[PDB]
Amino acid sequence: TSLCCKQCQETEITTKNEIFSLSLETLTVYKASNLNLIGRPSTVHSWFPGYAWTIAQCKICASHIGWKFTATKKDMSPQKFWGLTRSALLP
Ligand SMILES: O=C1CC[C@H](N2C(=O)c3ccccc3C2=O)C(=O)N1
Ligand SMILES: [Zn+2]
């Protein structure tokens, strides 16, 4: 169930336990680890209306794994989640 950065191999980014389905490839998970955020949130072209995105890269190898999505309104659930490019992860 560990999902690790495919590039550096050793760095766990999330687990299968964290996977969920947002009502509307890209894996969406409630929680992730060992990612650094680059820049500030943007709503431009957001794949999840009502959320803004921030680039998220592996803390070890700087590979771009996906994005942190943050809610633009307080009344939403989850207030944030991660959308991760499946091919960037092992398994
Ligand atoms: O929700 C998202 C995440 C970011 C993603 N995105 C990209 O992957 C990209 C590549 C090049 C130029 C502009 C973009 C962009 O907005 C995108 O289109 N929407
Ligand atoms: Zn890595």
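Numbers for residues simply follow the sequence, beginning at 1. Indexing begins at 1, ligand by ligand and atom by atom, following the structure's order. Quick note: numbers below take in every heavy atom, side chains included, and nothing from hydrogens, waters or symmetry partners.
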Which compound, drug or drug candidate, is present at ligand 1? S-thalidomide
Supply the name from the PDB entry of whichever chain has more contacts with S-thalidomide than any other. Protein cereblon
Which bit of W53 gets closer than 4.0 Å to S-thalidomide, counting heavy atoms only: side chain, backbone, both or neither? side chain
Majority UniProt domain at S-thalidomide interface, chain A: cult
Quiz question for you: does at least one protein heavy atom lie closer than 4.0 Å to atom 9 (C) of S-thalidomide? no
Nearest to atom 6 (N) of S-thalidomide, what protein heavy atom do you find, and at what distance? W47 CZ2, 4.4 Å
Contacting atoms of S-thalidomide, where contact means under 4.0 angstrom from a heavy atom of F69: 1 (O)
Out of all atoms in S-thalidomide, which are within 4.0 Å of some heavy atom of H45? Include the element for each. 1 (O), 2 (C), 16 (O), 17 (C), 18 (O), 19 (N)
Is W67 close to S-thalidomide, meaning an N/O of one under 3.5 Å from an N/O of the other? no
Hey, is atom 3 (C) of S-thalidomide under 4.0 Å from any protein heavy atom? yes
What Zn(2+)-binding residues, per UniProt, in chain A have a non-hydrogen atom within 4.0 Å of S-thalidomide? none
Which of the UniProt-annotated residues for (S)-thalidomide binding in chain A lie within 4.0 Å of S-thalidomide, counting only non-hydrogen atoms? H45, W47, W53
Under 4.0 Å, heavy atom to atom, what does S-thalidomide touch in the other chains? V44, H45, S46, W47, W53, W67, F69
